[PDB]
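We're sticking with the PDB entry numbering for chain A, so the shown stretch reads 1-882, 887-1032, in order. All values below come from the heavy atoms of this structure, side chains included, with hydrogens, waters and symmetry mates left out. Counting starts at 1 for both ligands and their atoms, in listed order.
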Amino acid sequence: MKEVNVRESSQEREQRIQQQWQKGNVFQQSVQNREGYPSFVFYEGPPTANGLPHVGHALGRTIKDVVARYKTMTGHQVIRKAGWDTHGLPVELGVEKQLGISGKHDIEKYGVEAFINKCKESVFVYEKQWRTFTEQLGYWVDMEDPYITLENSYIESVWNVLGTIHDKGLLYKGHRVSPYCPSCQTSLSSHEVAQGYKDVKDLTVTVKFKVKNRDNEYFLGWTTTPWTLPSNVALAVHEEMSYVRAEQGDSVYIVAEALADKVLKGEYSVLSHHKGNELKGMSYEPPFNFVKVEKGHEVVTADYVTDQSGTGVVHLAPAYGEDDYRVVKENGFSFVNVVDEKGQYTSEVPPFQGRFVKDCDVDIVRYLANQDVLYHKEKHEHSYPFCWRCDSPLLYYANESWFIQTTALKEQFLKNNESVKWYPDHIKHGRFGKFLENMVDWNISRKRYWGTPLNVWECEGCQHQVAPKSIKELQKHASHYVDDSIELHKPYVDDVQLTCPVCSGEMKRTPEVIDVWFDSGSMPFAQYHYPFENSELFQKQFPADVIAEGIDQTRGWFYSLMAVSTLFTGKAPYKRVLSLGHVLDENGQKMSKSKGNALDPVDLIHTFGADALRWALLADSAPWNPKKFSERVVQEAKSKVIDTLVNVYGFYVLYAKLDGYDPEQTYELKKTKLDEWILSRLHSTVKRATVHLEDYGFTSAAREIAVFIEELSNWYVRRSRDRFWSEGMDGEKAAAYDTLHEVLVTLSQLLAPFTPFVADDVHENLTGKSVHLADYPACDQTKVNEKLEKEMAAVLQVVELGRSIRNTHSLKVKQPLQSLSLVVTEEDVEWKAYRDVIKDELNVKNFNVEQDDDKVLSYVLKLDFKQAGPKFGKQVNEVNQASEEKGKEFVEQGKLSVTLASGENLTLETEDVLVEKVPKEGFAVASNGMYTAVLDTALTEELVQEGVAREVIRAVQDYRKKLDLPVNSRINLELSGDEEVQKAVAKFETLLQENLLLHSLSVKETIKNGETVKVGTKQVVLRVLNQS
Ligand SMILES: C/C(=C\C(=O)OCCCCCCCCC(=O)O)C[C@@H]1OC[C@H](C[C@@H]2O[C@H]2[C@@H](C)[C@H](C)O)[C@@H](O)[C@H]1O
Ligand SMILES: [Zn+2]
Ligand SMILES: [Zn+2]
């Protein structure tokens, strides 16, 4: 065993262990040694090296590493794989911001290829910081062998999945309506929309839609957006609502019965009543007829039509509203869109072509009035959403896009989710399950340059679609040569055309790339270039036994993994999900870039060590409970767990080497109750931490281990130091070494998944072998002694009571007191087996176990005027409750009743008496639960003297340490002090001789070149010197 510097910094210890791991090839050995054992599989959600790692990564990688180490130690082979998610809109946006250009014209003016190369360059800028973070956190993985989503082989596997999906007919071109900025040409989120409202005055109109082949009858439709009127496709009514034919002069208007008084201006006669279902299929004339709608201009019924707004008859334009889109499609009516991506009318609306639609509202209302189809108009004051980024007005707009018809497999999604164990449980049928229940199809295409190209080619002749699954298929179908080296990115693949298998015309690739969530959801198949290679490795690494990422992946990676795998294989790609809460600052605010309140994990590792950071990320709350993180939280883990272990470990190594202890020898062993207690607690801890870890309960396993470490240091080691300091090697000393040796070996194994650096420092020094090649320890049931555990815990309650009495009266522990006395009802605990440990801990001369109070307390008895409500003889209970007083009170305490005689009669008291235990002169009392402790706080000259001598001893031990003297050396000591110090030292000379290693001790009047130290509040000069 090498010596231990308990003051060695964490950074130095962890770098030393890291060097052992490289020298011993320990990570790779930990995997090879499990060749043949069952496989345990985990997937990491691939991060990106265009940003620095943050404490969110540190939380998730600590949890994955704990699981991997634990499953390795319990008999599994755990292959570790990392990857980089390199496509993704932020990459492209960062290059646009760096170059100062945007939009298709400027990027192509710049050169697509050159633009693509900047994106490539931007994604690994922080690779070196990622390597340092990964290594220093102790997250074992080969960073020379990542998968990378921009590599051809990765992309080729993604194309293979997409082509398989296309084969099933599940990949289609469609439209989806969303809030949309016509200036930025992008769809905004609800949160983005909520940020940008603004108040406006515009026009709403009630429009006449003439009924075909009737005399002067019209549906009336109300709208807030006149510019959608040239694109009318249908009128919707509610099946069950009541409608009237209302006559006004020469015309008849059809509106809802309940809205007619509001919507019609002036009086009307009701000609007839109709349910909306009777209006279904009625043909009408639209207000404009230049846009072609092949199927439409009829009334349809739809449940969302209400009696609370408009006329009850709703104009539908399917490209400018989500309900409009759905209802038109439900009825098999034509989809039309007469507005371009800039919010401008196309050539399909000739009189307004090229103008921004909202700018045309006034001109359309003038046209309606000029054409006699405007029934009513009014000024409208309301709030309208604008673009935070340019305050252009927003629009409801349908872009054309590619979709995967995931809804076609909704039932398989739900079945696969049912097979997953979620942590916490409620995510399964809550956040995640409800997202599945409300599934819409996956909008897969993106109109940008950097990303996985969507591998769909369309014939310019007949629009037939071919989707190459591979480079070989691309080359086979291409109408020209395609080199083996073709890069699967834009623009290279846009220059490849195929021969249409239907008509032999030219096929051109659709221009879009795919959603980055599809790349990362494809990682179970693409990470190993499946099915082109590695089919055995893939099958062994599918599905994952566990993943662990933030709960924000509910609609992200958790969903894209499930969706890609369900589409491709039908199967769930993971068996369990550990969800993580986003880390908070000490104020409970989420850590974010903009606020500057994040704590860098590499900073925290440098200050406190990775063991302490990992512990702080695992302890005191579950992974899915957001942590209020601070440096103080890491410091507490370092002090309570890391440093405490290191100090116990260094104590063992120091004394084992001094005494030449060797676990290989057989010694005569007399084990004490303390030895048996800590070995029992150790195996109880093994048992309980294992159960928790089997269920992924790191928090409770951490808690169990921390309690053990505290008991080990604060009770077992503290109350056994005398056996280690002893001269010789009797049976009780050998038992101490034997016991603490086993404790440290087993505890370092237990800790190995949590705190892998210090665990291996302890284990390798004691055993010569890396802890990370060990098996997780087994509980030895024969060393579990629940009776001893329950006994020692009662002993600890009494120690706590004694200490609290001392603290209450400011009586230092070094100051001996005459006695502690304990009064117990039950003969529950064998107190004589722990008397010496109790007297040592509490520094009392006598420990008395009492069944009674008599010698210790007197009882004062009052009547309880609150409970003695009935008894009207309060003058009698006053005199009856006012030597003989001591005898009568002790009598009523034990018997729990009382019989006092009034002025003539006798009454029977019970629970109507308030009792006061008054400590006798010089005693102080405290109680909890079953136990009452009474401390004799009376100091005497001789007790005070002995305390002074105990403080001299401790001052000498401290000074020897400050001089860095070995603990086994004998010294010549000079001491100078006041007359009380001189006299205490002479009187307790043999106590000093027995507790200090001394060649001589000279009390001198004055000392040359001594050092002044504190003995209590006294100043004493000490000198250590040489003498022949
Ligand atoms: C718990 C989380 C963040 C957190 O706790 O963040 C707290 C710290 C944020 C502070 C940022 C500011 C740092 C710099 C500064 O000071 O300015 C969320 C998790 O993040 C980690 C992982 C990210 C992977 O990419 C996701 C993959 C799965 C997907 C395919 O893309 C993932 O598990 C994610 O769910
Ligand atoms: Zn905008
Ligand atoms: Zn064709």
Wondering which of baloxavir, ibrutinib, nedisertib, mupirocin, iberdomide shows up at ligand 1 - can you check? mupirocin
From the contacts in this model, which chain binds mupirocin most extensively, according to the PDB entry? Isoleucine--tRNA ligase
I need the atoms of mupirocin closer than 4.0 Å to a non-hydrogen atom of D552, numbered in the order shown. 18 (C), 34 (C), 35 (O)
Where mupirocin meets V55 - atom numbers and elements under 4.0 angstrom, heavy-atom basis: 7 (C), 8 (C)
Taking atom 27 (C) of mupirocin as the point of reference, which of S520, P47, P46 owns the nearest heavy atom? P46
Does an N or O anywhere in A548 fall below 3.5 Å from an N or O of mupirocin? no
Closer than 4.0 Å to some heavy atom of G45 - which atoms of mupirocin meet that? 28 (C)
Would you say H57 and mupirocin have an N/O pair spaced under 3.5 Å apart? no
With respect to atom 15 (C) of mupirocin, which of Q553, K593, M523 exhibits the smallest heavy-atom separation? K593
Which protein heavy atom lies closest to atom 13 (C) of mupirocin, and at what distance to 0.1 Å? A598 CB, 4.0 Å
Pick whichever of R61, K64, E549 has a heavy atom sitting closest to atom 32 (C) of mupirocin. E549
Say whether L59 and mupirocin are in contact under the criterion: heavy-atom distance to a ligand atom below 4.0 Å. no
Species of chain A (entry): Priestia megaterium
Atom 30 (C) of mupirocin: protein heavy atom closer than 4.0 Å? yes
Atom indices of mupirocin within 4.0 angstrom of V583 heavy atoms, with elements: 4 (C), 5 (O)
Which residues of the other chains approach mupirocin to under 4.0 Å (heavy-atom distance)? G45, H54, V55, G56, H57, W517, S520, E549, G550, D552, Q553, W557, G581, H582, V583, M591, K593, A598
